[PDB]
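Heading - S-warfarin complexed with Vitamin K epoxide reductase-like protein, termini restrained by green fluorescent protein
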Amino acid sequence: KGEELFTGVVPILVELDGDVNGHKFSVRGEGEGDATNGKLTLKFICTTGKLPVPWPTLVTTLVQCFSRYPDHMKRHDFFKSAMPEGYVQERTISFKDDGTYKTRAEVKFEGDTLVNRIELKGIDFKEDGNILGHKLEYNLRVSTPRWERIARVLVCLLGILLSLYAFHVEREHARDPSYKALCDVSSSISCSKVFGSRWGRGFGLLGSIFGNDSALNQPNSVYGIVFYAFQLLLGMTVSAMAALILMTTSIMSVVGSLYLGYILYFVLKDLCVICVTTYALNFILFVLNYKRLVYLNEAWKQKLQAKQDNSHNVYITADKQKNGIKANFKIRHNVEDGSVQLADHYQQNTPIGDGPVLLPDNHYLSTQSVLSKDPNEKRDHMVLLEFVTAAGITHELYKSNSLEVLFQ
Ligand SMILES: CC(=O)C[C@@H](c1ccccc1)c1c(O)c2ccccc2oc1=O
């Protein structure tokens, strides 16, 4: 079925020609592939000299037909169905705040060899950018875990909404005596009585400790806006300086939330869901910044590169209109200063020959990469080892022994 062609070892040859802002280069890689275990191993050499771009930015471009599909999901393996005829893989890689890659590739069998021929076009790249300036780390690890990166963005976005709304209640209630906010309903459930109180501007202190009309003296929500924004955008760089600056400010959040929360319950005897959540949001930020400092202390443990945290998902969906598939995912390169260079991926696959192919359901390919070097090779090279396995398929469980044994 073409899936029979991947039950053993398959030699792999890749070739890539491209020009990026005028700079041309050619890459040739050689190796084999084990689809039964979801593994590939290749050694790429830039035949023209020095690669004008960092090696990790070309890992995604340089044969998903060696993915391991469990016996459940082998119904959804489009890549092996299109073989030996092959498929055409076009991509668009957009680097945030920089240029974009434009690739087209033909993946096909040539004798007993799986061959990938690629053409790349790099357009509108900044020279001293993280790409054409060679500023990226030589790996494909994730500096911040996925489920923690999502926790940061969601809580900081929620913190800005709540603080901006708290600023809305403070400024209008001070100007309009007939104004009632959504949290102003009954006495003991009143925003205006909390923000309009003494402790609502500069935490009650630092006014009459400062001029009481100064610029520092400000509604407490304003400090949150600056804090949540500062935590959101610097919180993606994983550095030494950027780590303690996040932990320093996050401590100031917990000492201010504890102070403010005390006055809310015991002094004012009030209730404010916007205040309680912002306290919770600030406590979540504290423990997330605490993780990174132990991520930095255990640096030796984390140079391993092969950990399942360093994996990337490639979400696939069908394309019945063209008898193919399309996919999207994101890659976050590690730049030498600690921040992140984002790279948007948009993929489209179309079979070469005209035969029965297997259009899949919405699943994804979990991928991991290991980028090594060779001391004997003097040219600009890269040793690669990848791991692709499919996931995202189910098995509801009415027929479960626990529920069934209760219902006899
Ligand atoms: C939820 C807000 O943005 C306003 C809130 C607050 C919470 C944490 C840090 C800054 C600001 C707020 C209140 O909790 C509050 C509670 C008691 C007394 C005064 C308060 O003023 C506030 O602005």
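We count residues from 1, following the sequence as given. First listed ligand is number 1; within each ligand, the first listed atom is number 1.
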Map S-warfarin onto the structure by ligand number or chain letter.
ligand 1
State the binding site of S-warfarin (ligand 1) (non-hydrogen atoms, cut-off 4.0 Å).
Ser163, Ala166, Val194, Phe195, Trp199, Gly200, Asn220, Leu260, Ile274, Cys275, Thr278, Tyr279
Transmembrane segments of chain A near S-warfarin (ligand 1), UniProt numbering, heavy atom under 4.0 Å:
1, 3, 4
Shared residues: UniProt phylloquinone-binding in chain A, heavy atom under 4.0 Å from S-warfarin (ligand 1)
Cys275, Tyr279
OK, so UniProt lists some (S)-warfarin-binding residues in chain A. Which of them have a heavy atom under 4.0 Å from S-warfarin (ligand 1)?
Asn220, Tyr279
